[PDB]
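Here, baloxavir is shown bound to RNA-directed RNA polymerase L.
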Amino acid sequence: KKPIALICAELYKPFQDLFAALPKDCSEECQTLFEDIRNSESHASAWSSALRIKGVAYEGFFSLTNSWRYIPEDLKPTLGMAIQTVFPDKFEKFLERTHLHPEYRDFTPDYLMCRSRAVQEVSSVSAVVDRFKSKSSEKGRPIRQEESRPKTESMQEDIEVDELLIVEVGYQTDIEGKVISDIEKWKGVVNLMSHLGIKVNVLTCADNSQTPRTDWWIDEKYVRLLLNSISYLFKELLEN
Amino acid sequence: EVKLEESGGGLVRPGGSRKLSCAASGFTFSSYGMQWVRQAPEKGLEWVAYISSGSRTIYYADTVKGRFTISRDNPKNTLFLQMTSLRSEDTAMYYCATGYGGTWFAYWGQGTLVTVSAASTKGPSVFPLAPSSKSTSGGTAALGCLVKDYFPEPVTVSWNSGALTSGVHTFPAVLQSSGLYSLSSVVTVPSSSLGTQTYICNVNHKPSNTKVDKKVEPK
Amino acid sequence: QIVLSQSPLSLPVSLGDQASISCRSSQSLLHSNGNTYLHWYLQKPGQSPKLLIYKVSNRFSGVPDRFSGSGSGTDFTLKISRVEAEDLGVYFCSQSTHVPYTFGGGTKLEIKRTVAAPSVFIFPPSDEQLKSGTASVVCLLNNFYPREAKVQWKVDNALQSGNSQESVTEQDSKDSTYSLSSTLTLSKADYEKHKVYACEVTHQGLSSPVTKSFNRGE
Ligand SMILES: O=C1c2c(O)c(=O)ccn2N([C@@H]2c3ccccc3SCc3c2ccc(F)c3F)[C@@H]2COCCN12
Ligand SMILES: [Mn+2]
Ligand SMILES: [Mn+2]
């Protein structure tokens, strides 16, 4: 009934609110995508384009919520780049053990950080794992978490090591399914990391629109922005 | 000076529970990992548990997992061990320890004794080991006291209120099949002093609040 | 578990002589951070343990410089360059590279001295204990070196089994000897059925096994 271009006009305000709160680079990407939806000849184009807005915007608010840097996909570091710059003395071995699984070197998580020392820096990795584990324990939110560990080694108090934090996030209906497949994907490289004596933590989580607005991995004020924009776009897309 | 001071030991029935504490002083407790180590009588040292400075990392020896909990209270410079489902194999001196900079045991407390047993607390029977020609050699006679069937362990023995120290041998107790302990204490003195010097063994068993003073005379 | 194997089990050494104690690990103790968490402790009799050496070769602050440690991987050594009397006790290695943290089983450092045959004394039961229905006979081996000794009980020349217990002191700090008690426990009825109560001691300081005995009546 409603043409799609007309559908975008109606939600001009909610989408304006959305672009204004997103980080700068995330905002512009969502603004290009929005015009692709307005100028969409087919309802499959519009849908696929709206799927990208749902994920990209959500990531922008995940960055804001956690005070991490939003990284456009084009500029996201892979694992190989992380090992090379952060652990340069192990990269050659990191290349040898990936001879049979070369896709590992090209794994690109949503966030690839390291403890303060294009890998982003964070002051404490253990605190990020705790905050994830806390909310999982408190609101029943499904996560998966893994830590590399050479042999059965103990943590130590007389020296500091470099370490990575690998985080995957998502906005999609099958929350359980997302974290299981994410952790299955990274399990191989965790084991590789144990064998190279590199400390990594892998975290994965997801939200969906049925998640109570106080319980998401993003601030509730951002939950409201997504529900009032990207979620009404999807509902109006199907009906008309 | 760094000091660690354990408390909370005592007697527990099998299956029972018990919480130990370790008060720490002389260093910034909250910046360091803390540990528990134990030692069953006449055996070697056995690591129990580690807890990181901010309590985020905890490790347990396999033989205590699911029964023991380690925790700390940093504002009160205190380390805790909660023991549950205790077994007689948990009988040991328990020590808290820290590396004060690492995971090695650089500083140790004096330890607290935990006895896991259903035996009833019991003061000792104290019998003389009287001097005779069967216990004399040259100008020396041996004599002593048999300290039989006490529980739990801690028992002290002195002679003449601690004035007699030369030649004293107080033997380690033996855990009997009854669940009680027994030891003897002996001393060699000049045979010329038999008949003129009085010899009393002073047996102190605090767990039962019993003190025995036994005079040992030739028969 | 990491298994740590110490050798020797006991080390008799003369004052002033060097001592060497070995600790072998079932797997490498090199941690991925580059450190090697093998440490040495001394436990003196009746005291809590004390740290001597941490991470292979670092002497703990205040420890006498006669103590040193070396090794790498799975093979480590504690050396006492010149033993003193206060070094009597049990030496332990331990590792904290892997969880669980584990200890070696201990090496007992014993101070060498000249042979000293035991003085053997026997004590019949006290009348007071007999009044109660039991009879403990005590046999005392006093002030002997070295520790190896054999003590058996005979009652009218019949060897006794299952009714005696034995206790040994730690090595004495003044004269480096040992003392040993052996206690035979009979019922009062069984005790009053027999005449000769005998303690038979074997020690290398004795020219032949010594039987120390009394007759119940006397
Ligand atoms: O990094 C991701 C990614 C996410 O992280 C995500 O959670 C969902 C999905 N993703 N995918 C994104 C993506 C990202 C955001 C919103 C929707 C989509 S939908 C599939 C698709 C993506 C990128 C380009 C493209 F042509 C796609 F068809 C791909 C999965 O392969 C690694 C890159 N990547
Ligand atoms: Mn991604
Ligand atoms: Mn994602």
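Residue numbers begin at 1 in each chain, while the letters A, B, ... track the order of the sequences. Side chains included, hydrogens not; waters and symmetry mates left out as well; all remaining heavy atoms used. When the header is checked for method, it gives X-ray crystallography, 2.2 Å. We count ligands from 1, going down the list as the structure has it; atoms in each ligand are counted the same way.
All copies of baloxavir taken together correspond to ligand 1. In this entry, the other chains with a heavy atom less than 4.0 Å from baloxavir (ligand 1) are A. The binding site of baloxavir (ligand 1) (heavy atoms under 4.0 Å) is made of A/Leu51, A/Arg52, A/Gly55, A/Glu73, A/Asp110, A/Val169. The A/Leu51 neighbourhood of baloxavir (ligand 1) comprises atoms 16 (C), 17 (C), with distances under 4.0 Å to a heavy atom of that residue.
Considering backbone and side-chain atoms together, A/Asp110 places an N or O closer than 3.5 Å to an N or O of baloxavir (ligand 1). The list of other ligands and ions under 4.0 Å from baloxavir (ligand 1) reads ligand 2 (manganese (II) ion), ligand 3 (manganese (II) ion). Residue A/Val169 approaches baloxavir (ligand 1) through these ligand atoms, each under 4.0 Å from one of its heavy atoms: 7 (O). The authors modeled no covalent bond from baloxavir (ligand 1) to a chain.
For A/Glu73, a nitrogen or oxygen atom sits less than 3.5 Å from a nitrogen or oxygen atom of baloxavir (ligand 1), counting backbone and side chain alike.
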